[PDB]
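Note: structure shows cefalotin engaged with Beta-lactamase Toho-1.
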Amino acid sequence: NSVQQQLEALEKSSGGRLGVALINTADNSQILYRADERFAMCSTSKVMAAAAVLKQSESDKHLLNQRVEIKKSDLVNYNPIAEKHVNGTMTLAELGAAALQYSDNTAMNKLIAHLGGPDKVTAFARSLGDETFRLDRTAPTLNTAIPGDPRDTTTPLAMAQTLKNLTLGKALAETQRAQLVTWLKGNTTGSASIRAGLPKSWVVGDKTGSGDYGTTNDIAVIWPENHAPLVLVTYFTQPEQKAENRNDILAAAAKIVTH
Ligand SMILES: CC(=O)OCC1=C(C(=O)O)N2C(=O)[C@@H](NC(=O)Cc3cccs3)[C@H]2SC1
Ligand SMILES: *C(=O)[C@@H](NC(=O)Cc1cccs1)[C@@H]1N=C(C(=O)O)C(=C)CS1
Ligand SMILES: O=C(O)Cc1cccs1
């Protein structure tokens, strides 16, 4: 059975809608599955917000060390790092790290607020040539992931192209690119997702998302030992609002497209 047939079968048995875009940077070849369909990004959108702040830092050498005050009233539904810092400060760099490596929603909201709102994240994506990405809401509501809702969505192909540019391409100056990569490589939330479908010793940087409608996402850059990098987006969503998340489906998709 072909890769396409395998993805079709995985999707059908899983009881959802699967979106996959793999870019092989060895030859610029692609494996696409529903790659032009919109999906709710959920917390994968934090990559774009963190990168937007990194872009700003290219013209302000003091930005990443700027103090941000964390109040009790800033806490939302999931904030394992920010809650440790209530009544204190975190730097913008520390907020980027917390957002990316722990999926701290308070940290995401501080990045968005610093930028001037969700629309500023959209404008940053557009500045990278991504005509597809849109950020409309803050956390937690950006994770509602309602079928057919365009808010806070992108397509697998658009996100793969932009993640490639961010991490391996033209988007950021070198120090900032390297910082983004360091953050992604140190993610703690992705064990059971794309990483689980790959050789254990491959280096991976990724950002997950989990939302309503059992929406389960991961976007990754993958560094094989003897090959050029791969960029992989796996998005998955289901028909029932209260559905369980399905990290294993992302692992399976990763295994299929790297087999
Ligand atoms: C850490 C995490 O939450 O993993 C997602 C998950 C997955 C997955 O795909 O990774 N799922 C499974 O493999 C499903 N588990 C079951 O269907 C087992 C059952 C439990 C209760 C009745 S059936 C769901 S249970 C939830
Ligand atoms: C990002 O996806 C974010 N998800 C949520 O806050 C969950 C919801 C909020 C409203 C409806 S559902 C955080 N990300 C992680 C992750 O990266 O997977 C989570 C596991 C949940 S918190
Ligand atoms: O407590 C407040 O309302 C303001 C803050 C100062 C420092 C962290 S939060």
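Throughout, chain A uses the PDB entry numbering, with the displayed residues spanning 27-57, 59-238, 240-252, 254-288 in order. Values reported hereafter were calculated over all heavy atoms of this structure, with side chains retained and with hydrogens, waters and symmetry mates removed. First listed ligand is number 1; within each ligand, the first listed atom is number 1. Looks like X-ray crystallography, 1.1 Å, at least that's what the header says.
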Which components of the model belong to cefalotin?
-> ligand 1
With a non-hydrogen cut-off of 4.0 Å, what is the binding site of cefalotin?
-> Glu273, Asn274, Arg275, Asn276, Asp277
Nearest to atom 1 (C) of cefalotin, what protein heavy atom do you find, and at what distance?
-> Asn276 ND2, 4.0 Å
Note the single closest protein heavy atom to atom 13 (O) of cefalotin, along with its residue, its atom name and the distance in Å.
-> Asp277 OD2, 2.9 Å
Report yes if some N/O of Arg275 lies less than 3.5 Å from some N/O of cefalotin; otherwise report no.
-> yes
Any protein heavy atom nearer than 4.0 Å to atom 8 (C) of cefalotin = yes
Measuring to protein heavy atoms, does anything land under 4.0 Å from atom 3 (O) of cefalotin?
-> no
Please check atom 22 (C) of cefalotin for a protein heavy-atom neighbour under 4.0 Å.
-> no
Interfacing atoms of cefalotin (cut-off 4.0 Å, heavy-atom, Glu273) = 6 (C), 7 (C), 11 (N), 14 (C), 17 (O), 24 (C), 25 (S), 26 (C)
Top protein contact for atom 6 (C) of cefalotin, by heavy-atom distance | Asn274 O, 3.2 Å
Under the 4.0 Å line, does any protein heavy atom show up next to atom 18 (C) of cefalotin?
-> no
Show me the short polar-atom pairs for cefalotin: any N or O of it lying under 3.5 Å from a protein N or O, with distances only.
from	atom 1	to	atom 2	distance (Å)
cefalotin	9 (O)	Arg275	NE	2.7
cefalotin	9 (O)	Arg275	NH2	3.4
cefalotin	9 (O)	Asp277	N	3.4
cefalotin	9 (O)	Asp277	OD1	1.3
cefalotin	9 (O)	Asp277	OD2	2.1
cefalotin	10 (O)	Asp277	N	3.0
cefalotin	10 (O)	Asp277	OD1	2.8
cefalotin	10 (O)	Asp277	OD2	3.4
cefalotin	11 (N)	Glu273	OE1	3.4
cefalotin	13 (O)	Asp277	OD2	2.9

